[PDB]
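Pictured: Hemagglutinin HA2, co-complexed with umifenovir.
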Amino acid sequence: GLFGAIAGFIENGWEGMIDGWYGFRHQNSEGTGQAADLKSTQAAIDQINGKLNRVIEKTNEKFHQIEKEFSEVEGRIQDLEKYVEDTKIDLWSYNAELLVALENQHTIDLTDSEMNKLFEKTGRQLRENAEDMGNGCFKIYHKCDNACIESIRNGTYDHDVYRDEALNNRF
Amino acid sequence: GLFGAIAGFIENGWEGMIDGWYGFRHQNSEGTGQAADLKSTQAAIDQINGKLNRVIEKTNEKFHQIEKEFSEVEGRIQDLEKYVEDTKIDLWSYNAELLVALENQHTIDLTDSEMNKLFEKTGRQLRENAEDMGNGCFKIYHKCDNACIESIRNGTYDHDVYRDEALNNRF
Amino acid sequence: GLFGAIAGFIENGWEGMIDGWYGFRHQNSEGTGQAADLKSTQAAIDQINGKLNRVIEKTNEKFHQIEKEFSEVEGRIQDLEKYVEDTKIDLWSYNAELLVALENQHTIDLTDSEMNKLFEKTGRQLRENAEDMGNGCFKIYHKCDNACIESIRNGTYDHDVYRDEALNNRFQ
Amino acid sequence: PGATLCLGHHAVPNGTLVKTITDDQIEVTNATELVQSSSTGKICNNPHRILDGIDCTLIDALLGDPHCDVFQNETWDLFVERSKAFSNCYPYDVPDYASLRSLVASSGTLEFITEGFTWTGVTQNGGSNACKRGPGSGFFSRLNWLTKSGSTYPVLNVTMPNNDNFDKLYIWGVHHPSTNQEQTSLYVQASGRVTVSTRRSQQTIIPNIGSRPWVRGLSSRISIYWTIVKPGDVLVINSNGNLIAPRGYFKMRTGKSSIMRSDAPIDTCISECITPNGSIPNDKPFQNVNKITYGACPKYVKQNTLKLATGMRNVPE
Amino acid sequence: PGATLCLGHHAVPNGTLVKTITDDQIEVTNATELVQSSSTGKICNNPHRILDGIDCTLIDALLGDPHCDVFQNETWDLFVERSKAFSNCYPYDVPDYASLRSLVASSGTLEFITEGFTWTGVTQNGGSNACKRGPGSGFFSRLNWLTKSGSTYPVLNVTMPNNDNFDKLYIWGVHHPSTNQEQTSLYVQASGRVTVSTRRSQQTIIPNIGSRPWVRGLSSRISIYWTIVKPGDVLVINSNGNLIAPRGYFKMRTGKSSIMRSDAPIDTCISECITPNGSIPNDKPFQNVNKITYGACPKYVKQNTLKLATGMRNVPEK
Amino acid sequence: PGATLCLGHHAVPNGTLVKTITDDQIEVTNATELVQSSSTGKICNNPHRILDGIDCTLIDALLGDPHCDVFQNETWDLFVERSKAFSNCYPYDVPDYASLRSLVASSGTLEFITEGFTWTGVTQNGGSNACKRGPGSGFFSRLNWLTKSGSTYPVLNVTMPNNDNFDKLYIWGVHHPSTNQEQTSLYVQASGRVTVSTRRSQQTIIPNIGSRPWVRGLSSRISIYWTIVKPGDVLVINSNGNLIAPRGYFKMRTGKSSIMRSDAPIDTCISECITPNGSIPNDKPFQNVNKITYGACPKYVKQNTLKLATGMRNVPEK
Ligand SMILES: *[C@@H]1O[C@H](CO)[C@@H](O[C@@H]2O[C@H](CO)[C@@H](O[C@@H]3O[C@H](CO[C@H]4O[C@H](CO)[C@@H](O)[C@H](O)[C@@H]4O)[C@@H](O)[C@H](O)[C@@H]3O)[C@H](O)[C@H]2NC(C)=O)[C@H](O)[C@H]1NC(C)=O
Ligand SMILES: *[C@@H]1O[C@H](CO)[C@@H](O[C@@H]2O[C@H](CO)[C@@H](O[C@@H]3O[C@H](CO)[C@@H](O)[C@H](O)[C@@H]3O)[C@H](O)[C@H]2NC(C)=O)[C@H](O)[C@H]1NC(C)=O
Ligand SMILES: CCOC(=O)c1c(CSc2ccccc2)n(C)c2cc(Br)c(O)c(CN(C)C)c12
Ligand SMILES: CCOC(=O)c1c(CSc2ccccc2)n(C)c2cc(Br)c(O)c(CN(C)C)c12
Ligand SMILES: CCOC(=O)c1c(CSc2ccccc2)n(C)c2cc(Br)c(O)c(CN(C)C)c12
Ligand SMILES: *[C@@H]1O[C@H](CO)[C@@H](O[C@@H]2O[C@H](CO)[C@@H](O)[C@H](O)[C@H]2NC(C)=O)[C@H](O)[C@H]1NC(C)=O
Ligand SMILES: *[C@@H]1O[C@H](CO)[C@@H](O[C@@H]2O[C@H](CO)[C@@H](O)[C@H](O)[C@H]2NC(C)=O)[C@H](O)[C@H]1NC(C)=O
Ligand SMILES: *[C@@H]1O[C@H](CO)[C@@H](O[C@@H]2O[C@H](CO)[C@@H](O)[C@H](O)[C@H]2NC(C)=O)[C@H](O)[C@H]1NC(C)=O
Ligand SMILES: *[C@@H]1O[C@H](CO)[C@@H](O[C@@H]2O[C@H](CO)[C@@H](O)[C@H](O)[C@H]2NC(C)=O)[C@H](O)[C@H]1NC(C)=O
Ligand SMILES: *[C@@H]1O[C@H](CO)[C@@H](O[C@@H]2O[C@H](CO)[C@@H](O)[C@H](O)[C@H]2NC(C)=O)[C@H](O)[C@H]1NC(C)=O
Ligand SMILES: *[C@@H]1O[C@H](CO)[C@@H](O[C@@H]2O[C@H](CO)[C@@H](O)[C@H](O)[C@H]2NC(C)=O)[C@H](O)[C@H]1NC(C)=O
Ligand SMILES: *[C@@H]1O[C@H](CO)[C@@H](O)[C@H](O)[C@H]1NC(C)=O
Ligand SMILES: *[C@@H]1O[C@H](CO)[C@@H](O)[C@H](O)[C@H]1NC(C)=O
Ligand SMILES: *[C@@H]1O[C@H](CO)[C@@H](O)[C@H](O)[C@H]1NC(C)=O
Ligand SMILES: *[C@@H]1O[C@H](CO)[C@@H](O)[C@H](O)[C@H]1NC(C)=O
Ligand SMILES: *[C@@H]1O[C@H](CO)[C@@H](O)[C@H](O)[C@H]1NC(C)=O
Ligand SMILES: *[C@@H]1O[C@H](CO)[C@@H](O)[C@H](O)[C@H]1NC(C)=O
Ligand SMILES: *[C@@H]1O[C@H](CO)[C@@H](O)[C@H](O)[C@H]1NC(C)=O
């Protein structure tokens, strides 16, 4: 993808992440844990539902069509009826192929981008208290129990509380 | 947007920025201020004008047309004249809907990208003299009078001049 | 470009890089050097070959089509034959113009993206042992001979080996 | 002394292959099909008014072939013609059959109004054993085979004005006997003539004597013509032999009605989109069942599948 | 003992809703309209040569219906047909009327060249009170109603070669009497025939006798046919009755001329694009006024509006 | 004591200009062309079966104009008609010529099967010095000019059923003599009649006597008609004068055959795509050579060039 996260610095996805599209896994003094991130999940889901709703909007109704199968040879007028219909089908087949190609490229890029956005957001929340290990994981340089992790996941982590302990362990 | 700045880590736009599209607000010892960034603004305006000029480029001129209204029922070849014109109108209506959808998606993504580019550029000028606060703002860890702020805005800030003072306040 | 690397924080390209699309230039104690990065080069090339092969996928094949040049004035039926053909040619010309415009915009964006991706992967390999100088170059704060540089380029540089020396040079 | 916080995304064991701008095949977690490629095999009778022609073509129901007179005054959204349909009346041809079939189908109704034509000097209601109506010989219910009265066939010259506010459709015909004796024996004249005119249009037909292949016992033929009379215009029929006269007009309507050829059974269900293969759902934007459709329908494409990704790239390892 | 430097972008209290691939409606700071949906209601008389066929259709001006005589030798880029037009000459029909109307409209000129046809043995210049020219009887100005002379109507057999370097358009006709009495009184033969041919093509018409509805006093009719003769070819007319003869040819051109039905008045202004609703500007790429157009015009679409974003996403609040 | 590591990308002194959504001209390192705009000027004789008609049109080979009889029973994927083709037999016309030429071209074969028609009471095998076959007079090889035998021309009434499982194409004609003397001297009746019928179709032609432009010695004409007989149907021919009879049927096929007008010489080479200008390669997706094509061909567009970028933006200087 354009953003280098999915199938990039994130090595692989998580078949065990069942309750979200993106999320957090941690290991600390009390053990290991996992949680879906609902905002980034819902941002991807809303965008894909948007694209999916636009695709099935105005694709419909016609009543009088010309004849399209013929039981007798006739020459000129039948030749033009057939050429108009083959021309039309070729143009719509091309439209359908290109539409799905562009939509699919865009879906892969926007979901890659939401993964990257969540990573950057988390890194900004940790402010000198953590380092990017280069694989989508942060090494957190202070004691960080389940409540501390949960404060990171729910956006209320106060980096100043731990800055001194963390700077001391980093340097 | 794909880049996560506009309507992303930047909470909202500034109705008070009236002389540019992007820019800087600061707080220092001498007070608070606002200034537009000209280069980012002009980059976005030039791309949008470019796309607008391509859309209104070579359209138009005739070549002979068939009849499109009919005052008497005629059967087979009038049915074909109407089917040809309905098919053409439907294909052009589709082209126009998709052209505007793709173009608009791209204008939103490129303007978001210019915001993010200006943010990354400013962060790169500060070199350990600042920390990213997560909302589009830099905490600058040294005394930065108006001339120093303006040196950031015009790309002439020398980080070594302030590195020792800043490193001391950060750590 | 959307990603701000090519024609961005990387000021210009290297006419001297002749064996790759992306790569590294270094200065260390043993001198200066240049080396192409193969993974990023091949990633961009594979993507462009991919779109080129999709575009050149099997082309139309019709045998009997209508007549399209005429030797006599005839009126209504011939007017409709000509209008059908002018309409088709306009619609395909529009498709071809839009096809290459979109493809070209995207080719420029993915090559710009591969550049930015390579820069970020390198920065993540260096872990407090280097600082981003803002022009696509990293200042490395320890002695890094040719084998060390090579270990960065082939993805096996161990930042812990140099962390103490580098932190000591960065902050004191 | 620390902890590790890892960011990630989900994956599934087996995803779906989709196409992109750069890739013929790339695996995503989920996709949805955009091409409708299946049918139940049945035409749903709601919400469109389906008229099953069974043994009858629309033209035979229009003219009034006796085994088709069940369709008198019927209306339809979609008339369905079966391949088993057959004619069982006087052998006939329609020059520009396809156009007549098309304008009647588009009008959507066989509403017939009988008008009081006066055929002075001719025998009316001619019939044939090729066209039995019950046990006895007969004819199209909407046509009037006029023959000589006694031993003369005068010049017929009748008129019929349209004082209504809609268009009138007159269906009429010309008889082509196969021998000169038949011609004189029916229309005591060696060469017939039928001229049907309004104020702005006219048609004159001269019959042709000669043998054609035998159909239902007969080597003669009837030729079917039509004339539309708009409000304020006049119909004038002028003939000195061979006229197969109209008994009235059909009421012309405009709307969303059409006709389709199909052998698919009709069922009691709901479906907005009909194809000759049966009804199809119209939730997908494209379809591959048939280029012939009726109703609010997905657009026909040559592809039999087109997968739209609805999830991210699937990277299980 | 520090500073804060914040990055940002502008916003406005209310922007414009536009559509994207993902969103039916999303707000941006500014947008531009791509569909032309309004007209002045008037047809501008420059830069195209507009020709108003006030009471005259193009076919009646072609044949020479007397109240259309003002249009002789006229030219146009766009001929405009009014709904108030009427015929006031001999009742007629044109088989494949639309084709003749289209090829004459596309030719762009009614330039007529009178030729010296010799009709030996017949009376020329027949007329009718259905086609009055002044208070007296008359006929189409470009057609020649030939009838019996004395007591004979010979077999006409005339030829007319095209030695020029352009195509010639011949308009001719066949008379359909309402009675056998009429037929023999005008043409002594009891059943006529008109045969018009070039070296590689031919048309033969057989008249039709019978009563039709009265139009301007008449039950008889004329049917109009045309013939194009290319350089080097020749025209041959062969008839033994009922011929409505040509007086010459119309000169054929190729170009950008056409015809439109419209009741919009002509005005003094400049506009490259004409619709039956009036002139429209052609700066936008699409239009919603009429699928019928003439000139360099935006493409017709079903949408009445299409907004292209010309600014960023509008986020005045979180 | 440290080191600098710089990331970068390549560039070239001058690349290729390409178009984008934003930009009319932007420079990339490399691009490939998508519009085929040139031809070798020659039609390649492989892989499609090309049939050069040289001096013969398809219709003249169909009827059997003697100098076109070298084409009897020929088949083609593409019939190529030359502008130098000429007719050299009895002067004729084909109402709906284009349709006959089209259905024959699409059928791809001139396979002709002679059938045993019995023409009781007439002379067969009429000829003309307008249509020499060798030193002597002759006629189209596939048509049979029937005339009076002795002093009568009976009412012909023959039938020919189609018991095969393919469609039969019958080509027939009607003779239009130029004088009443001719009409009676060939056919006893003063006015001929030709009726050709199947179970569900019929057509009757009435000849028309009179002069047409003088062509290869004659002022009379033949008019060509055709009739398809489906399996189970039957052909019935009924005529009392002026019939130009069929000798058999052409066998109807369905397939990929067609016809093209071109003066391009044929060459021995390989190419799937043929235009009237010659063959063109079909590796590029679009072409600008001719809207007329045959085979697997790039789509025709109005642009003579369209460059697809195949490398990154070219930034050799700031
Ligand atoms: C012009 O030529 C035409 C062709 O030669 C003549 O028409 C044929 O004339 C005979 C004599 O009247 C007809 O015979 C009748 O045909 C029916 C149908 O027979 C078919 O069906 C039965 C039952 O299924 C089957 O057993 C037969 O094999 C046939 O397949 C018979 O049933 C009647 O009794 C009677 O014999 C021909 O049918 C008729 N055919 C055609 C195609 O025209 C015509 O009479 C000639 N006209 C003149 C004026 O000479
Ligand atoms: C065959 O029937 C038609 C129609 O029924 C006859 O046409 C009619 O002919 C009469 C007498 O010529 C026309 O009467 C005229 O009416 C006007 C008023 O509009 C009046 O001012 C005149 O003095 C004259 O009496 C009548 O309009 C006309 N009707 C139609 C519909 O055309 C025709 O005469 C009959 N043919 C024969 C040979 O009898
Ligand atoms: C320039 C010609 O483009 C195309 O015609 C198509 C092309 C090439 S253009 C393209 C490039 C990327 C993605 C989609 C289309 N592909 C791949 C098609 C795939 C299918 Br399935 C298809 O029906 C068509 C339509 N043909 C039959 C008219 C195309
Ligand atoms: C899959 C094909 O669907 C479409 O054609 C359209 C579609 C669906 S495809 C699409 C998807 C995203 C963005 C734009 C178009 N929309 C939304 C239309 C909106 C308008 Br207004 C419109 O005129 C059409 C054209 N119809 C009338 C032929 C479409
Ligand atoms: C709304 C109409 O858009 C267009 O038609 C075209 C447009 C404008 S829309 C567009 C925008 C970006 C990229 C490509 C097309 N351009 C630039 C064309 C360039 C060429 Br070359 C061309 O043949 C056409 C097709 N014309 C002949 C029908 C267009
Ligand atoms: C974010 O998570 C933290 C940690 O779980 C929440 O803070 C604690 O919440 C629990 C349960 O409500 C209390 O028992 C603790 O006393 C809280 N600790 C502190 C320091 O407040 C916090 O409420 C969460 N915030 C949001 C917005 O969900
Ligand atoms: C794969 O994607 C499809 C489409 O987004 C999902 O199908 C939808 O399912 C919901 C609830 O199950 C329905 O309300 C929608 O109407 C469905 N849409 C369509 C187009 O069918 C499907 O659930 C997804 N599958 C997985 C495993 O996530
Ligand atoms: C067939 O339908 C037509 C039109 O619906 C019938 O004619 C109408 O009959 C109704 C009721 O008898 C009258 O109120 C209308 O005035 C008639 N219309 C006209 C134009 O006269 C006709 O009677 C129907 N025939 C049958 C057998 O049902
Ligand atoms: C729908 O019906 C059509 C017509 O019966 C089918 O198309 C035919 O399919 C057969 C079998 O593959 C082919 O031999 C014919 O050439 C096809 N004819 C045409 C005109 O396409 C079609 O396959 C049916 N589809 C479904 C889903 O029932
Ligand atoms: C331009 O003129 C056309 C034709 O008069 C208008 O289209 C008609 O609009 C009325 C009322 O909306 C409908 O009843 C007709 O059915 C329409 N006709 C057609 C052929 O669509 C059109 O509205 C006019 N447009 C403008 C902008 O004035
Ligand atoms: C292929 O042949 C066609 C037809 O001979 C050429 O088109 C003609 O080109 C000349 C000069 O460019 C024009 O004056 C004619 O009006 C064109 N005719 C038509 C019907 O368009 C075409 O240029 C040739 N192409 C090549 C590559 O040789
Ligand atoms: C940048 O701003 C400083 C003021 O802080 C000024 O002295 C300097 O000249 C400016 N440089 C440019 C290139 O504008
Ligand atoms: C990477 O480079 C180092 C130093 O040159 C070398 O020792 C090592 O084997 C290389 N590893 C790979 C995988 O190429
Ligand atoms: C909106 O965009 C158009 C086109 O670029 C421009 O002319 C107009 O001034 C803009 N409006 C505002 C309020 O900026
Ligand atoms: C029409 O033009 C021709 C030639 O240009 C001329 O001879 C003729 O007199 C003109 N007729 C009128 C009525 O001006
Ligand atoms: C390449 O050459 C063109 C002239 O065709 C010139 O306009 C362009 O600026 C050149 N590019 C560079 C990078 O010098
Ligand atoms: C330019 O691109 C084409 C198509 O990929 C390739 O064959 C060619 O080698 C490229 N040219 C250069 C100089 O790389
Ligand atoms: C022409 O072909 C048909 C069948 O293809 C054959 O029956 C006939 O005899 C052939 N004629 C000649 C002269 O080869």
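Below, chain A is the first sequence line, B the second, and so on; all start at residue 1. Note: hydrogens, waters and symmetry copies are ignored here, and every other heavy atom, side chains too, is used. Both ligands and their constituent atoms are indexed starting at 1 by order of listing.
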Report all copies of umifenovir by ligand number or chain letter. ligands 3, 4 and 5
Neighbouring chains of umifenovir (ligand 4) at under 4.0 Å, heavy atoms only: A, B, D, E
Any idea which other ligands or ions come under 4.0 Å from umifenovir (ligand 4)? none
Does umifenovir (ligand 4) have an atom under 4.0 Å from some heavy atom of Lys299(D)? yes
Okay, about chain D - what name does the entry use? Hemagglutinin HA1
Per the PDB, what organism is listed as the origin of chain A? Influenza A virus (strain A/Northern Territory/60/1968 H3N2)
Which part of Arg54(A) is near umifenovir (ligand 4), with near meaning a heavy atom under 4.0 Å away: side chain, backbone, both or neither? both
Counting heavy atoms only, which part of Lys302(E) comes closer than 4.0 Å to umifenovir (ligand 4): side chain, backbone, both or neither? side chain
Between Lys58(A) and umifenovir (ligand 4), which part of the residue brings a heavy atom under 4.0 Å of the ligand: side chain, backbone, both or neither? both
If you draw a 4.0 Å sphere around every atom of umifenovir (ligand 4), which residues of other chains have a heavy atom inside it? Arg54(A), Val55(A), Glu57(A), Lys58(A), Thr59(A), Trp92(A), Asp90(B), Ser93(B), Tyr94(B), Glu97(B), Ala101(B), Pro285(D), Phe286(D), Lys299(D), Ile21(E), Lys302(E), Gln303(E)
Considering only N or O atoms, set out every pair between umifenovir (ligand 4) and the protein closer than 3.5 Å, with distances to one decimal place.
residue	atom	partner	partner atom	Å
umifenovir (ligand 4)	3 (O)	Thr59(A)	OG1	3.4
umifenovir (ligand 4)	26 (N)	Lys58(A)	O	3.2

